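Structure (with salicylic acid).
We number chain A the way the PDB entry does; in order, the residues shown are 19-554. Just so you know, ligand 1 is whichever comes first in the structure, and atom 1 is the first atom listed for that ligand. According to its header, the structure was obtained by X-ray crystallography, 1.5 Å.
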Amino acid sequence: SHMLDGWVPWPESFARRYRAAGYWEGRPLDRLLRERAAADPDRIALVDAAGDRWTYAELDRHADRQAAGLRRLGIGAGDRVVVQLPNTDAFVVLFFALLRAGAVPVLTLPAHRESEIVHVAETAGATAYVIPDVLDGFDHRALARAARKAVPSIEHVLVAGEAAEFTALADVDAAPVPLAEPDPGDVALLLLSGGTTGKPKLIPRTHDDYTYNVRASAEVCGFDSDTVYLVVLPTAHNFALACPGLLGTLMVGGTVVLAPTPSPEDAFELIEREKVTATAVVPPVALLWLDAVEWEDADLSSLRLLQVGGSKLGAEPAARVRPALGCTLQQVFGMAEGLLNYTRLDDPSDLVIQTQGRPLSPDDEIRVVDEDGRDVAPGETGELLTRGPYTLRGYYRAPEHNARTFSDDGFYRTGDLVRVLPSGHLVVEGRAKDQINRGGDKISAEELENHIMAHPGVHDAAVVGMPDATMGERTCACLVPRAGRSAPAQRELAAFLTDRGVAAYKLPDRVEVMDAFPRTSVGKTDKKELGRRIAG
Ligand SMILES: Nc1ncnc2c1ncn2[C@@H]1O[C@H](COP(=O)(O)O)[C@@H](O)[C@H]1O
Ligand SMILES: O=C(O)c1ccccc1O
């Protein structure tokens, strides 16, 4: 019996093995804060960008008070709550408050707009939505009004800021009350993945598997009480939340420092001010920092570990991390779906430079298969399939996609092309899935194509990635105009998509108009050949 329907538990035989091996320790996710605050109440747990500071005991207490306030609003056992918050202390307190109230956080990113927010709120049956007031020039309260009109289940809107007609998140506060613990085998939170289909996909992560994700990651990355971790990616990004991220920092009793942006202006100042020892970035930010040290005078000497993931960091900039930034590079090839690959901190520099790591868990199982589904010869390139103690067995409430995406024996088809080396380290070679990786941001081609085809000048759309030296990939929208109509150019299409509620990282970089798309002999649109026609 599980508190949530719509997800796919592990087979009992696997669950027994993972419990027996010590992976699944049977503790709710919120206990990592409860346990740390009991052992080290007066250690500094959290610093925000302004320099305000909270101890473990203060964070634990505030989470209890906000959990009690949430229950007063009717937000509790099993309710899904969409969270869209910046890198501020509000998110950290609310994350644990929701867990302790029994609610299931549905984590979205500040960039997400009406299309993504409405879909995930509709899918999850969310009863509440948590937003800032204004962030990076955008009034999320307007977006909350749109989401409520489209999703009747949303009863409460909690605002980190000026609440307007809604509820101020700060007022969600009450005297702590005894709350029952959740079953550790139940879903603790839902993550978002760009995915490959027409709608974003939600990833259920259980208390046991996410705690293991956090704990094992902290071990591999040498996180402990003298770690000062800078949250540069969004707090809701799996990489910065749990790999080991802020949760791993709190679990071991280090200090979490929240960066408001990844710019050197903000990040370098915080690294010097707070003596940051570890952080995690995507390659475009790594390149920016590697450049910026040549004209910034910040003292970054405290930095010991720079994790780089989300897309493949090239060997040439990888080699520059130690000379330029004075720290150890760790390549991380991970996914919200589960499987994490890490270079080890004392790997030879050759493997840190040239590979994307090896799996976190001894019981991470990996297969590399050809087009016919057969295992490749050792060292050959094929598609990575994986199964393990923190990799999902299905997306949330997506049975049709699950039937296509997981093999019969439960292997998740990642859509990544990889080689496995004799040491077990992986090299990322490309992608099989129809999803563009734009500076770390994942763009489902099918979803974007459906949005674009809603434009009155478009009959058909095919979204193709184009290589980019610093972004990895950019997005080209190939358009067949509607009969007797002119297709839009890039700027009009961008405006149409933004008004439609499409996140800004999905706006096509380039538009190419054409009377027809190349097709295979099936005949699906041949995006291999579209890439060539784009290039001439
Ligand atoms: N170090 C890395 N190198 C290459 N690709 C990566 C890396 N880290 C993450 N990814 C990509 O990000 C995907 C996971 O993100 P998502 O599908 O949004 O959960 C992987 O399947 C890869 O395509
Ligand atoms: O989703 C990702 O891109 C990712 C990258 C590195 C580590 C964990 C992750 O979820």
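Tracing salicylic acid through the model gives ligand 2.
Lab note: main contact partner of salicylic acid (name per the PDB entry) = Salicylate-AMP ligase. The binding site of salicylic acid (heavy atoms under 4.0 Å) is made of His255, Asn256, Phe257, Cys261, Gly328, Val350, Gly352, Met353, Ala354, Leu358, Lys460. Interface of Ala354 with salicylic acid, defined as ligand atoms under 4.0 Å from a residue heavy atom, comprises 1 (O), 10 (O).
In the entry, the organism recorded for chain A is Streptomyces gandocaensis.
At least one N or O atom of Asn256 sits closer than 3.5 Å to an N or O atom of salicylic acid.
Here the protein heavy atom with the shortest distance to atom 6 (C) of salicylic acid is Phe257 CG, 3.5 Å.
Remark: salicylic acid atoms within the under-4.0 Å shell around heavy atoms of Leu358 are 7 (C), 8 (C). Atoms of salicylic acid lying under 4.0 Å from at least one heavy atom of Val350, given by number and element, are 6 (C), 7 (C). Looking at atom 3 (O) of salicylic acid, its nearest protein heavy atom turns out to be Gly328 CA, 3.6 Å. Using 4.0 Å as the cut-off, the other ligands and ions found near salicylic acid are ligand 1 (adenosine monophosphate).
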